[PDB]
Enquirer: 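Just downloaded a structure that has VX-787 in it.
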Amino acid sequence: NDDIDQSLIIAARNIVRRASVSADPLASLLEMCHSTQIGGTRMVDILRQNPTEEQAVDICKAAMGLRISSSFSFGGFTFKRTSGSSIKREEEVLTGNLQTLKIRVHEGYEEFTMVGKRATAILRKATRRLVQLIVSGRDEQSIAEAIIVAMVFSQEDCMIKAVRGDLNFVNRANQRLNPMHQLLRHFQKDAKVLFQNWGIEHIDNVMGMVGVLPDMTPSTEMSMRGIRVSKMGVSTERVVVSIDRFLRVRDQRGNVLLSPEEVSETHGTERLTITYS
Ligand SMILES: O=C(O)[C@H]1[C@H]2CC[C@H](CC2)[C@@H]1Nc1nc(-c2c[nH]c3ncc(F)cc23)ncc1F
Ligand SMILES: O=C(O)[C@H]1[C@H]2CC[C@H](CC2)[C@@H]1Nc1nc(-c2c[nH]c3ncc(F)cc23)ncc1F
Ligand code: NI
């Protein structure tokens, strides 16, 4: 049970990475899934029975019409909506380097939990606004990673304005990343202009919680607008999802739940033998 899961993830990640470089990735992935065995059992038979929710694995499940977790993955983090709703409106925005970006802006009030491996968070947000972020983590590194993802996800104008120079990030297949991911890789290379330009505010010490400044220094006095660090940020609903040619998994409203771009780069050595085509 434990070894099949470890091995299935490794096989799924390899398949999505190989498929993603092909002209029609969906068809490539479907080939490899149907002609791959893990410890002697067929991979499609493992997918039908195994309950693991992982980004590469869930892309493969979707590919063959299996139900998956309704969560979505942004910046490595799993997001579950705990409350509220939104609608979608495409808008042109202008970066700090005067580059147009067409963005599907979400309009509404929504509350989510973010769960990464080294940090978790509660996010509350409105139309192009971070309302509040309560974040936990292992360290300075891991906490800042979660803050950058929440800031980009919020769609705020100060985040858009803090962009410096052009955004032409590409995937392994030489195709441009879509705008939200363009923004995310930019601020993942450097979040300094982002944090400086975000804004600061006075806070009252709720015990358990602390402020954090644009240089990541804690404080009891001030914090970055909306953001508080904490010490412990507190089950699966399977649903039908869709898949396209480029392995983008979507909900019924067309929000991208998963993609090649949200599959972890970790190479790892399988515990049960994996035989490909
Ligand atoms: O995909 C498979 O491995 C099996 C299982 C899971 C999907 C189908 C239903 C059973 C598929 N069944 C069959 N596939 C195929 C088959 C040939 N090339 C393929 N490439 C991708 C694929 F996906 C299925 C196939 N041929 C006869 C079948 F009878
Ligand atoms: O809009 C999309 O197609 C994708 C890409 C950009 C961010 C998410 C992950 C990739 C997004 N997916 C999803 N977003 C959302 C979503 C709700 N409110 C939001 N506000 C801003 C935002 F940015 C995304 C959202 N819900 C479910 C999703 F599944
Ligand atoms: Ni994207």
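To match the PDB entry, the residue numbers of chain A are left as they are there, and the shown ones run 252-485, 490-532. Computation of the quantities below employed the complete heavy-atom set of this structure, encompassing side-chain atoms and omitting hydrogens, waters and symmetry-equivalent molecules. Per the header: X-ray crystallography, 2.7 Å. Ligands are counted one by one from 1 in listed order, and the atoms in each one are counted from 1 as well.
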Enquirer: Which parts of this structure should be attributed to VX-787?
Expert: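 It corresponds to ligands 1 and 2.
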Enquirer: Going by UniProt, what is the chain that binds VX-787 (ligand 2) with the most atom pairs under 4.5 Å called?
Expert: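 Its main partner is Polymerase basic protein 2.
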Enquirer: Which neighbouring residues and nucleotides define the binding site of VX-787 (ligand 2) at 4.0 Å (non-hydrogen atoms)?
Expert: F323, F325, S337, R355, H357, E361, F363, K376, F404, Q406, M431, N510, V511, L512
